[PDB]
2 protein chains.
Amino acid sequence: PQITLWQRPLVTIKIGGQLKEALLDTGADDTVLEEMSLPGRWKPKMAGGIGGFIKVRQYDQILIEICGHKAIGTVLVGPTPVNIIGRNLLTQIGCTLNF
Amino acid sequence: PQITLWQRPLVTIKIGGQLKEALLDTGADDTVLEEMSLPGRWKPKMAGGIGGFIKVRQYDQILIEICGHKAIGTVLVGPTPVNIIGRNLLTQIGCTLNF
Ligand SMILES: Cc1cccc(C)c1OCC(=O)N[C@@H](Cc1ccccc1)[C@@H](O)C[C@H](Cc1ccccc1)NC(=O)[C@H](C(C)C)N1CCCNC1=O
């Protein structure tokens with residue numbers, strides 16, 4: 001689908017058997033999800049946004065189903081205000097900017 | 001142009017007679033630019049991303065040329081680590097997401 005940007009580009013993702021709403025975010029290198037129940041081993045990391053840094057849990061090779069399309073990659077989990085889908089997953093679903 | 005997301009989507013902007021590189025950011029509501037020389041009256045305002053909030057100077061109706069396309073709108077200037085073009089300008093150059 002083509003998405004215009006008059007609204008926040010919020011899509012429906014399915015991750016860890018759960019349904020969530022996330023923002024397709026071209027300005028993000030990585031995917032960062034709010035505190036949620038995820039299975040597996042992890043490694044502690046920091047993510048540097050606009051106001052500073054947040055301590056997140058890094059999970060590798062996690063499956064997300066973004067708006068009907070499937071991707072497998074790195075997901076960070078931490079105290080972020082919005083669920084962010086970054087470029088590490090957006091490339092896998094073939095997402096492009098167009099103007 | 002079509003822009004894929006394997007790299008940061010950086011475009012050349014021209015603002016206030018000057019050339020800068022800015023990130024095309026679907027995950028940003030507003031346009032925020034690194035400390036730079038702009039003419040005009042401003043209003044103090046507060047942008048909050050991941051990790052907290054930054055104090056910015058708000059200018060209304062700044063002309064920006066993004067990758068050859070002209071746009072006029074609100075530009076925030078503050079201690080952002082990256083120049084960010086947000087949806088308030090992205091909508092004006094007919095920028096869409098596609099997958
Ligand atoms: C939401 C908003 C409203 C008004 C104005 C602005 C600029 C707004 O956006 C601010 C903002 O931080 N938006 C983020 C997503 C957002 C929306 C709403 C709330 C919080 C965040 C994201 O798109 C841009 C921002 C850019 C950046 C900052 C520092 C270093 C490098 C890049 N990118 C990042 O933080 C990403 C994260 C998300 C994985 N990131 C951080 C690790 C290094 N690389 C990287 O890519």
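So you know, we letter chains A, B, ... as the sequences are listed, proteins then strands, and number each from 1. Read the numbers this way: they start at 1 and go in the same order the structure lists the ligands and their atoms. According to its header, this structure was worked out by X-ray crystallography, 2.8 Å. All values below come from the heavy atoms of this structure, side chains included, with hydrogens, waters and symmetry mates left out.
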Most-contacted chain for ligand 1, named by the PDB entry: protease retropepsin
Drug at ligand 1, among lopinavir, everolimus, glecaprevir: lopinavir
4.0 Å heavy-atom contacts of lopinavir by chain: A, B
Site residues for lopinavir, heavy atoms under 4.0 Å: A:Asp25, A:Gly27, A:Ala28, A:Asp29, A:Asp30, A:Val32, A:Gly48, A:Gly49, A:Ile50, A:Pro81, A:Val82, A:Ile84, B:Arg8, B:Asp25, B:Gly27, B:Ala28, B:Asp29, B:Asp30, B:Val32, B:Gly49, B:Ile50, B:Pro81
Source organism, chain A, as recorded in the entry: human immunodeficiency virus 1
